[PDB]
Student: 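What follows is a single structure, and I will ask about it in a moment.
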Amino acid sequence: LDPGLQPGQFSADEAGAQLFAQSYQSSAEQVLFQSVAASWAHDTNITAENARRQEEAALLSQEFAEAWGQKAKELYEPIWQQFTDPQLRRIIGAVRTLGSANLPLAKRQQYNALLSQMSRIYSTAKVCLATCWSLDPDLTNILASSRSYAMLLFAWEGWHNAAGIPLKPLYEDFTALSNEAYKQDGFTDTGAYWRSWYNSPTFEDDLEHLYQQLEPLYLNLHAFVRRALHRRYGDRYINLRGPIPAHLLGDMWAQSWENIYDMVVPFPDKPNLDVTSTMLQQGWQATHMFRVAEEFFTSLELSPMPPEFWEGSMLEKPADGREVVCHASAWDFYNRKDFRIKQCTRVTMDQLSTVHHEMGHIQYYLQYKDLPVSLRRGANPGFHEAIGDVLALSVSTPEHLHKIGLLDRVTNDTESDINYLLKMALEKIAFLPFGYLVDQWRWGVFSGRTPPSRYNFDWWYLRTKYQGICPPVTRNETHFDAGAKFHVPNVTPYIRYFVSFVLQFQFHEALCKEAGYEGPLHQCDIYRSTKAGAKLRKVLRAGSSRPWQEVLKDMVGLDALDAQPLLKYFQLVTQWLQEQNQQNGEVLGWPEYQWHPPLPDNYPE
Ligand SMILES: *[C@@H]1O[C@H](CO[C@@H]2O[C@@H](C)[C@@H](O)[C@@H](O)[C@@H]2O)[C@@H](O[C@@H]2O[C@H](CO)[C@@H](O[C@@H]3O[C@H](CO[C@H]4O[C@H](CO)[C@@H](O)[C@H](O)[C@@H]4O)[C@@H](O)[C@H](O)[C@@H]3O)[C@H](O)[C@H]2NC(C)=O)[C@H](O)[C@H]1NC(C)=O
Ligand SMILES: CS(=O)(=O)N[C@@H](CCCCN)C(=O)NC[C@H](CC1(C(=O)N[C@@H](Cc2ccc(O)cc2)C(=O)O)CCCC1)C(=O)O
Ligand SMILES: *[C@@H]1O[C@H](CO[C@@H]2O[C@@H](C)[C@@H](O)[C@@H](O)[C@@H]2O)[C@@H](O[C@@H]2O[C@H](CO)[C@@H](O)[C@H](O)[C@H]2NC(C)=O)[C@H](O)[C@H]1NC(C)=O
Ligand SMILES: *[C@@H]1O[C@H](CO)[C@@H](O)[C@H](O)[C@H]1NC(C)=O
Ligand SMILES: [Cl-]
Ligand SMILES: [Cl-]
Ligand SMILES: [Mg+2]
Ligand SMILES: [Mg+2]
Ligand SMILES: [Zn+2]
């Protein structure tokens with residue numbers, strides 16, 4: 001470790017810990033920068049050489065964490081928990097938590113190589129027929145636009161086999177090393193460390209209680225959509241009392257159902273609220289999508305994207321041969337200057353939402369860039385996920401789409417409302433069970449309740465339990481279907497997204513009220529509300545300097561996650577779907593839990 005970066009001397013009392021914390025953060029900024037820079041260099045240009053440089057950058061961060069962490073334990077381990085300044089307790093408590101830097105050097109190298117190899121498997125997997133399809137755009141477009149059961153099945157099976165199977169041995173090894181590292185910091189397993197970010201002793205119970213409120217909305221949406229699919233695919237491929245085959249819902253993971261809106265829209269004679277075809281007819285490209293998203297942010301008197309963002313970002317998939325990680329991402333280089341998005345942008349309405357999601361991450365980075373590096377985080381990780389989704393809620397309204405030229409026809413009637421709320425339910429309510437289950441699966445793997453011998457059995461137990469889907473071909477434990485979802489091999493926690501899909505409606509309600517809007521919540525558009533912008537800016541500028549419960553109280557008037565704003569938003573369609581399902585004599589749920597569809601006659605082709 002370079003001499004500039006090593007801890008010096010500090011007094012073993014609270015006053016010395018303040019000076020230690022100040023000096024830690026000054027050096028950490030430079031270690032953060034070299035780490036982000038090396039991760040960026042590779043994911044936009046996947047080469048063996050860039051992988052090696054990234055592993056070397058990771059090893060430097062471990063050296064730094066060990067040096068300062070051992071210094072913190074030497075001076076403050078028996079006393080920091082009683083320090084009077086709560087912000088200091090948070091920083092010292094983090095520095096004493098060494099993470100993978102607890103691992104001896106050989107195991108650090110093994111850990112870092114596993115993360116590199118797991119990333120590469122996921123982001124270079126292909127499905128082959130001589131010629132081969134990538135996840136993004138090829139398989140993504142098949143799942144979204146094909147209505148051929150056998151083609152959808154070829155893409156779904158091809159992807160899950162190609163990405164999952166080779167990951168399993170690596171994921172087993174990663175899990176053990178990760179647990180070994182965090183156990184030395186005092187956590188029972190890695191999942192307990194991840195959950196600690198929310199600083200709530202009742203986190204898991206609080207989440208389960210939220211899901212109990214939301215589940216009836218999902219069950220009714222599920223039953224209605226299953227009926228719509230039955231009308232298209234027939235009684236052989238859809239069981240009206242069983243789980244939906246997992247490849248028919250528009251998305252590789254059945255996690256958003258937006259793409260099947262045309263099969264479920266209740267009143268197709270009203271305006272077509274999927275504006276993709278109009279974006280295509282009008283010639284939108286990726287740069288238009290990012291500039292329109294930026295202009296929403298500046299309409300609120302939030303910050304434009306700086307030149308470094310436009311000069312450095314990757315906004316389309318390279319067509320010059322390179323392999324890149326196409327999964328969208330937003331980067332803080334921790335130098336207060338460089339902030340970038342990497343997105344393999346496609347010209348679609350749901351991608352326009354994704355652009356806003358990613359720019360929300362950038363806006364957060366811009367607003368807290370001058371805090372100490374350890375406070376340059378969301379008030380909790382769910383806050384970071386909600387920012388862009390909140391703006392996108394306004395952007396998707398038919399009223400806003402009209403303003404930006406994407407929906408000529410204007411209507412304000414009950415049918416048009418049901419159409420819009422149904423479309424939003426396909427995006428937001430359908431996600432909730434998936435958002436919830438992914439880290440239930442991973443928490444059980446980290447705790448050892450789900451050993452390798454049950455990775456897929458327990459995955460599909462949860463997928464059926466919560467989402468009411470089933471795999472369309474037979475799976476066994478050589479399959480590793482969790483590993484075919486980006487966040488598993490890339491070791492990105494997922495419960496942040498369940499939190500953010502609830503939180504974003506709490507934010508929407510608060511901002512709409514601040515903007516002076518007095519209509520139905522689902523028709524609010526906060527565009528050009530500088531008062532809403534100022535209220536949002538306060539959250540963004542706080543970073544993680546204050547407990548999330550108190551930041552939330554200042555913003556929305558309550559100190560807890562609450563499902564009521566989401567329920568208020570959807571109330572009209574919640575009532576409508578319940579009435580429709582009763583009228584159609586639906587079974588809510590999937591009591592034929594064993595059912596799986598047959599194979600097509602000529603399968604594989
Ligand atoms: C789409 O249309 C709706 C409905 O419009 C009303 O209903 C239809 C059937 C016709 O009668 C229209 O002429 C009506 O306007 C619009 O929602 C209404 O928006 C207006 C604001 O533009 C709202 O009026 C405000 O309401 C404030 C709150 O008071 C209400 O709340 C009490 C409970 O405390 C409730 O019981 C009562 O109904 C009150 O009206 C009030 O402070 C303020 O001064 C103003 O009166 C009205 O409440 C809205 N109705 C509903 C049902 O939400 C949408 O704005 C319109 N959308 C678009 C995009 O144009
Ligand atoms: C680690 S980092 O430096 O690279 N920066 C992170 C953000 C740091 C936040 C600070 N803690 C990052 O960029 N992460 C990538 C991830 C990508 C997306 C992702 O996976 N979304 C989940 C769930 C989801 C969320 C919103 C939505 O509307 C629909 C689905 C998914 O698609 O399954 C794919 C497109 C939308 C986001 C992200 O932005 O959150
Ligand atoms: C687990 O499954 C693999 C994959 O076989 C496919 O999936 C099964 C669930 C089943 O539906 C099979 O009909 C599918 O072909 C099995 O490995 C394959 O076994 C077949 C024999 O059926 C053989 O021809 C292939 O070479 C094997 N490999 C592949 C990639 O297909 C495996 O035997 C199953 N059992 C175990 C314990 O892994
Ligand atoms: C990709 O990485 C290699 C080194 O691995 C480098 O020589 C090359 O310039 C990079 N390409 C781009 C477009 O940055
Ligand atoms: Cl965060
Ligand atoms: Cl999280
Ligand atoms: Mg789409
Ligand atoms: Mg989608
Ligand atoms: Zn995000």
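In this chain, residues are counted from 1 in sequence order. Determination method: X-ray crystallography, 1.7 Å. Side chains are part of it too, since the values below use all heavy atoms of this structure and drop only hydrogens, waters and symmetry mates. Indexing begins at 1, ligand by ligand and atom by atom, following the structure's order.
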Student: Between rentosertib, gossypol, sampatrilat, which one would you say is at ligand 2?
Tutor: sampatrilat
Student: Count heavy-atom pairs within 4.5 Å of sampatrilat for each chain, then name the one with the most as UniProt does.
Tutor: Angiotensin-converting enzyme, soluble form
Student: Which organism does the PDB annotate as the origin of chain A?
Tutor: Homo sapiens
Student: Which single UniProt domain of chain A covers most of the interface with sampatrilat?
Tutor: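 UniProt domain: Peptidase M2 1.
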Student: I'd like to check whether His487 has a polar contact with sampatrilat, where a contact means an N/O of the residue lying under 3.5 Å from an N/O of the ligand.
Tutor: yes
Student: Nearest non-hydrogen contact with atom 7 (C) of sampatrilat belongs to which option: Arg377, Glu427, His361?
Tutor: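 It is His361 that holds the nearest heavy atom.
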Student: Measuring from atom 3 (O) of sampatrilat, which candidate in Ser329, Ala330, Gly388 has the nearest non-hydrogen atom?
Tutor: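 Comparing heavy atoms across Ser329, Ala330, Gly388, the nearest one to atom 3 (O) of sampatrilat lies in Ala330.
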Student: Counting heavy atoms only, which of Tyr497, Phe434, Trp40, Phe501 is nearest atom 29 (C) of sampatrilat?
Tutor: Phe501
Student: Does an N or O anywhere in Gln255 fall below 3.5 Å from an N or O of sampatrilat?
Tutor: yes
Student: If you take every non-hydrogen atom within 4.0 Å of sampatrilat, which residues does that pick out?
Tutor: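 By heavy-atom distance, that gives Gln255, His327, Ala328, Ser329, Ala330, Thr354, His357, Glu358, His361, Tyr365, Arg377, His384, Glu385, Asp389, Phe431, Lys485, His487, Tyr494, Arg496, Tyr497, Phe501.
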